Protein chains: 2
Amino acid sequence: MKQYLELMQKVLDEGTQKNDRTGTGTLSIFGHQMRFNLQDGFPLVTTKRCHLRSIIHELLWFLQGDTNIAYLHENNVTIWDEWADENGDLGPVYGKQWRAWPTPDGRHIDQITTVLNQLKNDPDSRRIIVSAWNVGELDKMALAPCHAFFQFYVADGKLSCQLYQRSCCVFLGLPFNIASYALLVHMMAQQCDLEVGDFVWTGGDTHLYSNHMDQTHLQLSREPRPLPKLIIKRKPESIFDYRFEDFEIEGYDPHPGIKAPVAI
Amino acid sequence: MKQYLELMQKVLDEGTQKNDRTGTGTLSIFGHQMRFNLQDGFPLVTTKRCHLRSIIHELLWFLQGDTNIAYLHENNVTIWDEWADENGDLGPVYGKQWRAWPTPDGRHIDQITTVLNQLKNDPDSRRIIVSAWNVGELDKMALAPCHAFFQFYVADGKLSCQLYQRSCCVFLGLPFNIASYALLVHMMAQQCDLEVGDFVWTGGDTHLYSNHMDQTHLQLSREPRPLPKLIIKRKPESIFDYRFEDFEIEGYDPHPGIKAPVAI
Ligand SMILES: C#CCN(Cc1ccc2[nH]c(N)nc(=O)c2c1)c1ccc(C(=O)N[C@@H](CCC(=O)O)C(=O)O)cc1
Ligand SMILES: C#CCN(Cc1ccc2[nH]c(N)nc(=O)c2c1)c1ccc(C(=O)N[C@@H](CCC(=O)O)C(=O)O)cc1
Ligand SMILES: *c1cc(=O)[nH]c(=O)n1[C@H]1C[C@H](O)[C@@H](COP(=O)(O)O)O1
Ligand SMILES: O=c1ccn([C@H]2C[C@H](O)[C@@H](COP(=O)(O)O)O2)c(=O)[nH]1
């Protein structure tokens, strides 16, 4: 899409040559923001074919508060296998923090439940937030949260959301993170009887890995196409009752997929 | 400053009306990003005379890990009075989370010292973050954090910083926050022998209160003046050893001050 393709061009033109913890190298910029009016369509990239199957199961996985790769493997979703332990645990990552943030005194906070109730009962609140950046448990996580902080906002019966991504692999992860959250917004909006608003993406270290240069140049050649439309075919009793089948993307006519190496 | 004034104009041009828990009306937009090249000068508002004394003392107070206003009173800083209890306590706000975020294991994490060490030993890290948003202790705080989370970044021997402010009172609090963090960056930079880079400001619910409209337009009719210059007259042994006298602001010729009501 326009915004995404511009971010790619920006990294290429202004990026800085940094050496990352991988050793692979990187072109990087710091601080960037894009706005996606969800009224214009689901922000799923068209200049390259992306698969929602994994994006959806991961999100539903997150909402369960599950941090064991089990559910994902049972649905043929790899993504988190390269960081899971023997048993398939990743530590108190997204999900554990979303559904059971640990207080210093033993209790547990349910941020998703809180956010739902604030949306329904105090939509004007300026502190409707979900944070995965739990400092006290970062050392117990298989990896530090990339999409670490998000805030909801209601205005004219519309639900908007801003995500703060500390680290961003522009080529591989961004398309995935964007669709993931756009998805959540729709789910929340349906559960609270609100129209969808804007999805605002904000990133910290935004980069393109060196061995992605070819792919990026290839993708920048392709013309963006009309955005598809997300369809929710059922309104569950709660935001925790959604099932994979409930979603359907209509009108998605993307350019062919582009394979690329994942630096771990 | 150009960036600041354009923000105000944007809120006024694109903001929708909302009601906050203070019973006061507001004009707000959601999601915005601002950039300040610290090498251009110290980002202190000139279209309105600002008070540095308080800005500096609050910051030192934060770095000390202090959450009681006694210190602020000794130096005659009043900014926090309205929210302190009978004993001057504000609860586990900024200072406490920064210097001693409590984990569930009974440990405590000093995030400031941590980033300092990351800045010196692994400046390329994409996890140099300080968060005051402790879901577990929000209910003990006199006020939920406004400048909630910030990330550092190094490139070309320059230290940049990005702040995420969930809620922002454009006319009254923003000038304070900008200058506060710009100061933290200079200190962090001086301690790490780095040159200052950019201070990126990212806001969530950015608003102007209904009773600030006249002052806002008054200020908006003024022409920004050249940015002042910050001069540190000493290099302390640690980031925690700066005194008020170590700082000098030169070339500050602001327009007349503009008194305005604070929503509590
Ligand atoms: C962001 C995020 C979550 N994540 C996590 C995640 C973790 C480490 C990373 N490391 C690097 N170098 N780049 C990344 O974008 C990245 C993303 C993802 C995991 C795998 C794929 C991936 O390789 N894509 C495959 C599979 C897609 C699918 O199964 O649906 C592809 O062919 O597109 C994408 C996103
Ligand atoms: C940010 C922050 C810290 N804070 C804390 C803080 C806490 C709650 C808030 N609530 C609201 N409604 N607006 C705010 O900006 C705000 C700021 C401050 C508190 C007061 C002033 C203030 O009254 N402004 C006067 C100060 C005069 C003086 O120096 O004594 C001014 O005109 O500058 C500024 C900063
Ligand atoms: C909070 C503290 C700060 O440092 N700076 C700020 O601008 N503020 C503002 C935001 C808002 O006007 C009010 C907080 O209200 P709430 O927590 O959003 O409900 O103070
Ligand atoms: O949802 C995700 C997860 C990971 N990453 C990327 C960010 C970095 O490219 C790398 C993680 O590295 P560190 O930030 O921890 O160094 O994977 C994303 O872009 N999105």
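The chains are labelled alphabetically, A first, in the order the sequence lines are listed. Using the PDB entry numbers, chain A covers 1-264, in order. Residue numbering for chain B follows the PDB entry, covering 1-264 in order. The way this entry was determined, per its header, is X-ray crystallography, 2.4 Å. Whatever order the structure lists ligands and atoms in, that order sets their numbers, starting from 1. What's counted below: heavy atoms across the whole structure, side chains too, no hydrogens, waters or symmetry copies.
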*Drug choice at ligand 1 - SCIO-469, TAK-960, CB3717, AZD4547, beta-glycyrrhetinic acid*: CB3717
*Look up in UniProt the name of the chain making most contacts with CB3717 (ligand 1).*
Thymidylate synthase
_I'm mapping contacts for CB3717 (ligand 1). Which other chains have a heavy atom under 4.0 Å?_
A
*Can an N or O of A/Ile79 be found at a distance shorter than 3.5 Å from an N or O of CB3717 (ligand 1)?*
no
*Check CB3717 (ligand 1) against A/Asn177 and write out every atom of the ligand that is under 4.0 Å from a heavy-atom position of the residue.*
1 (C), 2 (C)
*Short list, please: which atoms of CB3717 (ligand 1) are under 4.0 Å from a heavy atom of A/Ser54?*
28 (C), 29 (O), 30 (O)
*Would you mind telling me if CB3717 (ligand 1) is within reach of the side chain of A/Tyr209, the backbone, both or neither, using heavy atoms under 4.0 Å?*
side chain
*asked:* So if I count the atoms of CB3717 (ligand 1) from 1 in the order they appear, which ones are less than 4.0 Å from some heavy atom of A/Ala263?
replied: 10 (N), 11 (C), 12 (N)
_Winner among A/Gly257, A/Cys169, A/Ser180 once heavy atoms are compared against atom 14 (C) of CB3717 (ligand 1)_ = A/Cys169
*Which UniProt active-site residue of chain A has the minimal heavy-atom contact distance to CB3717 (ligand 1), and what is that distance to one Å?*
A/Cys146, 6 Å
*According to the PDB, which organism is the source of chain A?*
Escherichia coli, Escherichia coli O157:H7
*CB3717 (ligand 1) contact on A/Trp83 by region, counting heavy-atom pairs under 4.0 Å*: side chain
*Which residues lie close to CB3717 (ligand 1), i.e. with a heavy atom under 4.0 Å?*
A/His51, A/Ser54, A/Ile79, A/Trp83, A/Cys169, A/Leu172, A/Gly173, A/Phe176, A/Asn177, A/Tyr209, A/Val262, A/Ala263
